[PDB]
2 protein chains.
Amino acid sequence: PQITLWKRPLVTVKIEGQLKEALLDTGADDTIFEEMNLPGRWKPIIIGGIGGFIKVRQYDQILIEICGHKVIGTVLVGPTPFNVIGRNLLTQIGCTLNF
Amino acid sequence: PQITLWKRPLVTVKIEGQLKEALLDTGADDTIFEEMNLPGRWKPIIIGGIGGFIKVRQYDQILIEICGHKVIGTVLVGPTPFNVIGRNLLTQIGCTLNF
Ligand SMILES: CC(C)CN(C[C@@H](O)[C@H](Cc1ccccc1)NC(=O)O[C@H]1CO[C@H]2OCC[C@H]21)S(=O)(=O)c1ccc(N)cc1
(Lines of atoms letter the chains of each structure in order from A and count residues from 1; the text may use other names and numbers.)
(Lines give C-alpha, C1' and ligand atoms only; values in the text may rest on other atoms or scores of the structure.)
Protein backbone atom coordinates (compact mmCIF):
# COMPACT_ATOMS: atom_id res chain seq x y z
CA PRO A 1 0.00 0.00 0.00
CA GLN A 2 0.88 3.66 -0.52
CA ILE A 3 1.04 5.73 2.66
CA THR A 4 0.92 9.52 2.85
CA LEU A 5 2.43 11.40 5.78
CA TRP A 6 -0.34 13.83 6.75
CA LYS A 7 -0.95 11.66 9.83
CA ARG A 8 1.36 9.42 11.82
CA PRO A 9 2.11 6.21 9.85
CA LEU A 10 0.60 3.81 12.37
CA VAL A 11 0.06 0.19 11.38
CA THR A 12 -1.31 -2.81 13.24
CA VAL A 13 1.23 -5.59 13.74
CA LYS A 14 0.97 -9.13 15.08
CA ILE A 15 3.95 -10.16 17.22
CA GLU A 16 3.96 -13.08 19.67
CA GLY A 17 0.21 -13.48 19.28
CA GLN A 18 -0.16 -9.87 20.43
CA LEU A 19 -1.85 -7.15 18.38
CA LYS A 20 -0.18 -3.74 18.44
CA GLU A 21 -0.01 -0.55 16.42
CA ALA A 22 3.50 0.41 15.35
CA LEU A 23 5.10 3.49 13.82
CA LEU A 24 6.83 3.02 10.48
CA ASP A 25 9.97 4.96 11.40
CA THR A 26 12.55 5.65 8.72
CA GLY A 27 14.57 7.44 11.40
CA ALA A 28 14.88 4.19 13.37
CA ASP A 29 17.70 1.82 12.44
CA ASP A 30 16.15 -0.97 14.52
CA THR A 31 12.73 -2.06 15.75
CA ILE A 32 11.84 -1.40 19.39
CA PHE A 33 8.66 -2.15 21.31
CA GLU A 34 7.13 -1.40 24.68
CA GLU A 35 7.37 -4.05 27.41
CA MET A 36 6.12 -7.50 26.34
CA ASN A 37 7.52 -11.05 26.40
CA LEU A 38 9.22 -12.71 23.43
CA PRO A 39 11.01 -16.00 22.64
CA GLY A 40 14.67 -16.89 23.07
CA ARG A 41 17.75 -15.54 24.81
CA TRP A 42 18.43 -11.82 24.83
CA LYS A 43 21.24 -9.35 25.33
CA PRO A 44 20.87 -6.08 27.27
CA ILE A 45 21.66 -3.01 25.21
CA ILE A 46 21.39 0.77 25.35
CA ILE A 47 20.02 2.77 22.43
CA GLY A 48 20.47 6.48 21.81
CA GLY A 49 17.79 8.85 20.61
CA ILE A 50 16.54 12.40 20.94
CA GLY A 51 16.86 13.39 24.59
CA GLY A 52 19.21 10.65 25.76
CA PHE A 53 19.59 6.88 25.97
CA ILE A 54 17.55 3.95 27.27
CA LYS A 55 18.43 0.40 28.29
CA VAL A 56 16.52 -2.29 26.39
CA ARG A 57 16.48 -6.07 26.10
CA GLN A 58 17.76 -7.21 22.70
CA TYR A 59 16.05 -10.14 20.98
CA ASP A 60 16.89 -11.73 17.63
CA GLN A 61 14.84 -13.74 15.14
CA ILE A 62 11.47 -12.33 16.22
CA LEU A 63 8.40 -12.95 14.08
CA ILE A 64 6.23 -9.91 13.37
CA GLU A 65 3.34 -9.79 10.91
CA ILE A 66 2.84 -6.24 9.64
CA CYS A 67 -0.26 -5.33 7.61
CA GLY A 68 -0.44 -8.86 6.21
CA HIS A 69 3.29 -9.18 5.46
CA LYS A 70 5.64 -11.45 7.41
CA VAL A 71 9.12 -10.55 8.69
CA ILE A 72 11.70 -11.93 11.14
CA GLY A 73 14.45 -9.86 12.71
CA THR A 74 15.88 -8.10 15.73
CA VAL A 75 13.30 -6.56 18.08
CA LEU A 76 14.29 -4.48 21.12
CA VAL A 77 12.03 -4.16 24.16
CA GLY A 78 12.20 -1.04 26.29
CA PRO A 79 10.60 2.18 27.47
CA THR A 80 9.86 3.62 24.07
CA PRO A 81 7.00 6.16 24.12
CA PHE A 82 5.75 4.46 20.94
CA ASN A 83 6.37 1.22 19.09
CA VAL A 84 8.50 1.89 16.01
CA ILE A 85 9.37 -0.33 13.06
CA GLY A 86 12.94 0.58 12.20
CA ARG A 87 14.83 0.01 8.99
CA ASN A 88 16.06 -3.43 10.10
CA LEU A 89 12.56 -4.68 9.24
CA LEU A 90 11.22 -2.04 6.83
CA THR A 91 13.60 -3.37 4.17
CA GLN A 92 12.30 -6.95 4.25
CA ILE A 93 8.84 -5.77 3.18
CA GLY A 94 10.38 -3.67 0.41
CA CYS A 95 9.26 -0.41 1.97
CA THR A 96 10.39 2.76 0.24
CA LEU A 97 10.14 6.51 0.59
CA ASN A 98 8.83 8.27 -2.49
CA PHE A 99 8.48 11.90 -3.55
CA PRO B 1 13.20 9.69 -6.54
CA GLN B 2 12.62 6.20 -5.12
CA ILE B 3 14.56 5.63 -1.89
CA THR B 4 15.30 2.24 -0.35
CA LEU B 5 16.02 1.81 3.36
CA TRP B 6 19.10 -0.44 3.41
CA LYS B 7 21.04 2.72 4.34
CA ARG B 8 19.86 5.72 6.33
CA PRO B 9 17.65 7.94 4.15
CA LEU B 10 20.07 10.86 4.21
CA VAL B 11 19.56 13.82 1.91
CA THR B 12 21.51 17.00 1.32
CA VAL B 13 19.60 20.08 2.41
CA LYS B 14 19.98 23.80 1.77
CA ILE B 15 18.65 25.99 4.59
CA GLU B 16 19.40 29.69 5.08
CA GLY B 17 22.35 29.40 2.72
CA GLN B 18 23.70 26.47 4.77
CA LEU B 19 24.26 23.00 3.31
CA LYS B 20 23.33 20.08 5.55
CA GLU B 21 22.54 16.39 5.36
CA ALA B 22 19.21 15.53 6.95
CA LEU B 23 17.41 12.30 7.81
CA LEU B 24 14.04 11.77 6.16
CA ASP B 25 12.25 10.75 9.35
CA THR B 26 8.71 9.42 9.08
CA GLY B 27 8.86 8.97 12.85
CA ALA B 28 9.36 12.71 13.30
CA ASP B 29 6.26 14.90 13.47
CA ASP B 30 8.38 18.05 13.12
CA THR B 31 11.67 19.11 11.56
CA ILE B 32 14.60 19.70 13.92
CA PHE B 33 18.22 20.62 13.26
CA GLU B 34 21.37 20.85 15.33
CA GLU B 35 22.43 24.27 16.58
CA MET B 36 22.64 26.94 13.88
CA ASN B 37 21.63 30.56 13.49
CA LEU B 38 18.50 31.41 11.51
CA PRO B 39 16.87 34.80 10.95
CA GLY B 40 14.44 36.35 13.36
CA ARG B 41 12.92 35.59 16.73
CA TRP B 42 12.27 32.14 18.18
CA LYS B 43 10.12 30.59 20.87
CA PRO B 44 11.46 28.17 23.51
CA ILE B 45 9.78 24.76 23.42
CA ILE B 46 10.35 21.19 24.62
CA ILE B 47 10.15 18.13 22.36
CA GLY B 48 9.89 14.48 23.36
CA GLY B 49 11.75 11.47 22.04
CA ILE B 50 12.91 7.98 22.93
CA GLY B 51 15.66 9.05 25.34
CA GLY B 52 13.89 11.95 26.96
CA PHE B 53 13.24 15.62 26.29
CA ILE B 54 15.26 18.60 25.10
CA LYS B 55 14.52 22.32 24.85
CA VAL B 56 14.81 23.85 21.38
CA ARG B 57 14.34 27.25 19.79
CA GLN B 58 11.26 27.24 17.56
CA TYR B 59 11.26 29.10 14.24
CA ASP B 60 8.32 29.35 11.82
CA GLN B 61 8.08 29.95 8.08
CA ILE B 62 11.57 28.59 7.37
CA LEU B 63 12.77 27.97 3.83
CA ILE B 64 14.49 24.62 3.21
CA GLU B 65 15.59 23.25 -0.16
CA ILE B 66 15.71 19.45 -0.17
CA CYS B 67 17.06 17.48 -3.15
CA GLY B 68 15.87 20.15 -5.56
CA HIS B 69 12.50 20.63 -3.86
CA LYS B 70 11.52 23.75 -1.91
CA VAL B 71 9.47 23.83 1.30
CA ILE B 72 8.58 26.32 4.05
CA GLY B 73 7.54 25.34 7.55
CA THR B 74 8.44 25.05 11.20
CA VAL B 75 12.05 24.04 11.89
CA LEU B 76 13.31 23.47 15.44
CA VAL B 77 16.91 24.01 16.53
CA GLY B 78 18.36 21.95 19.36
CA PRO B 79 20.77 19.27 20.52
CA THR B 80 19.61 16.56 18.17
CA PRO B 81 22.26 13.93 17.34
CA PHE B 82 21.04 14.16 13.74
CA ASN B 83 19.12 16.63 11.61
CA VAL B 84 15.73 15.07 10.80
CA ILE B 85 13.05 16.11 8.32
CA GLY B 86 9.79 15.42 10.10
CA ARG B 87 6.31 15.03 8.70
CA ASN B 88 5.61 18.76 8.98
CA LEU B 89 7.80 19.08 5.87
CA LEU B 90 7.75 15.58 4.34
CA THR B 91 4.14 16.16 3.26
CA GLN B 92 4.84 19.34 1.30
CA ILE B 93 7.02 17.39 -1.14
CA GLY B 94 4.36 14.68 -1.25
CA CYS B 95 6.66 12.09 0.27
CA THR B 96 5.14 8.66 0.83
CA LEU B 97 6.02 5.25 2.21
CA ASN B 98 5.52 2.40 -0.22
CA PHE B 99 5.66 -1.39 0.05
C1 LIG C 1 17.10 10.42 17.57
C2 LIG C 1 16.95 10.12 16.06
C3 LIG C 1 18.17 9.32 15.48
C4 LIG C 1 15.56 9.59 15.65
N5 LIG C 1 15.04 8.27 16.07
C6 LIG C 1 13.68 7.83 15.46
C7 LIG C 1 12.67 9.01 15.31
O8 LIG C 1 11.70 8.66 14.37
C9 LIG C 1 11.96 9.37 16.63
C10 LIG C 1 10.89 8.35 16.99
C11 LIG C 1 10.03 8.77 18.19
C12 LIG C 1 8.66 9.10 17.99
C13 LIG C 1 7.87 9.48 19.08
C14 LIG C 1 8.41 9.53 20.34
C15 LIG C 1 9.76 9.19 20.54
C16 LIG C 1 10.56 8.81 19.45
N17 LIG C 1 11.31 10.64 16.38
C18 LIG C 1 11.33 11.75 17.35
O19 LIG C 1 12.15 11.80 18.20
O20 LIG C 1 10.32 12.71 17.20
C21 LIG C 1 10.39 13.87 18.00
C22 LIG C 1 10.70 15.16 17.00
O23 LIG C 1 9.57 15.29 16.29
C24 LIG C 1 8.44 14.81 17.27
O25 LIG C 1 7.77 13.87 16.78
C26 LIG C 1 7.37 12.93 18.05
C27 LIG C 1 8.40 12.94 18.87
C28 LIG C 1 9.19 14.15 18.51
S29 LIG C 1 15.34 7.43 17.57
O30 LIG C 1 14.08 7.35 18.35
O31 LIG C 1 16.16 8.13 18.53
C32 LIG C 1 16.00 5.74 17.27
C33 LIG C 1 17.33 5.53 17.06
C34 LIG C 1 17.80 4.23 16.83
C35 LIG C 1 16.91 3.17 16.84
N36 LIG C 1 17.40 1.78 16.60
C37 LIG C 1 15.57 3.38 17.06
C38 LIG C 1 15.11 4.66 17.28
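The alphabet sets the chain names here, A first, running in the order the sequence lines are given. Chain A is numbered as in the PDB entry; shown residues: 1-99, in order. The PDB entry numbering applies to chain B: residues 1-99, in that order. Both counts, for ligands and for their atoms, begin at 1 and track the order of listing. In what follows, every heavy atom counts, from backbone to side chain, and hydrogens, waters and symmetry copies are set aside.
The compound at ligand 1, a drug or drug candidate, is named darunavir.
Here, the main chain in contact with darunavir is recorded in the PDB entry as Protease NL4-3.
Other chains having non-hydrogen atoms less than 4.0 Å from darunavir: A, B. The nearest protein atom to atom 12 (C) of darunavir, hydrogens excluded, is given as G27(B) O, 3.5 Å; this is a heavy-atom distance. Taking every heavy atom of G49(A) and a limit of under 4.0 angstrom, the matching atoms of darunavir come to 1 (C), 31 (O).
Within the structure, darunavir has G48(B) among the residues with a heavy atom less than 4.0 angstrom away. Residue contacts with darunavir include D30(B), since one or more of its heavy atoms lies under 4.0 Å from the ligand.
Put simply, atom 2 (C) of darunavir has no protein non-hydrogen atoms near it, under 4.0 Å away. Each of the following atoms of darunavir lies closer than 4.0 Å to a heavy atom of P81(A): 14 (C), 15 (C).
Counting atoms of darunavir from 1 in the listed order, those under 4.0 Å from a heavy atom of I50(B) are 15 (C), 16 (C), 30 (O), 38 (C). Annotation: atom 35 (C) of darunavir to nearest protein heavy atom, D29(A) N, 3.8 Å. Close approach to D25(A) involves these atoms of darunavir, each under 4.0 Å from a residue heavy atom: 6 (C), 7 (C), 8 (O), 9 (C), 10 (C). Residue contacts with darunavir for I47(B) are absent, since no atom lies close enough (heavy atoms, distance under 4.0 Å). Applying the 4.0 Å criterion to heavy atoms of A28(A) picks out, from darunavir, the atoms 37 (C), 38 (C). There is a protein heavy atom closer than 4.0 angstrom to atom 28 (C) of darunavir.
When only non-hydrogen protein atoms are considered, atom 13 (C) of darunavir lies nearest to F82(A) CD1, 4.2 Å.
Heavy atoms of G86(A) stay at 4.0 angstrom or farther from darunavir.
Note on darunavir: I32(B) sits outside its first shell, no heavy atom being nearer than 4.0 Å.
Heavy-atom distances between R8(A) and darunavir reach below 4.0 Å in at least one pair.
Binding site of darunavir at 4.0 Å, heavy atoms: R8(A), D25(A), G27(A), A28(A), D29(A), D30(A), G48(A), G49(A), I50(A), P81(A), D25(B), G27(B), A28(B), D29(B), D30(B), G48(B), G49(B), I50(B), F82(B).
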If you look at each N/O of darunavir, which protein N/O atoms lie under 3.5 Å away, and at what distance?
| residue | atom | partner | partner atom | Å |
| --- | --- | --- | --- | --- |
| darunavir | 5 (N) | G27(A) | O | 3.4 |
| darunavir | 8 (O) | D25(A) | OD1 | 2.6 |
| darunavir | 8 (O) | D25(A) | OD2 | 2.3 |
| darunavir | 8 (O) | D25(B) | OD1 | 2.8 |
| darunavir | 8 (O) | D25(B) | OD2 | 3.0 |
| darunavir | 17 (N) | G27(B) | O | 3.1 |
| darunavir | 25 (O) | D29(B) | N | 3.0 |
| darunavir | 25 (O) | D29(B) | OD2 | 2.9 |
| darunavir | 36 (N) | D30(A) | N | 3.1 |
| darunavir | 36 (N) | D30(A) | OD2 | 3.1 |

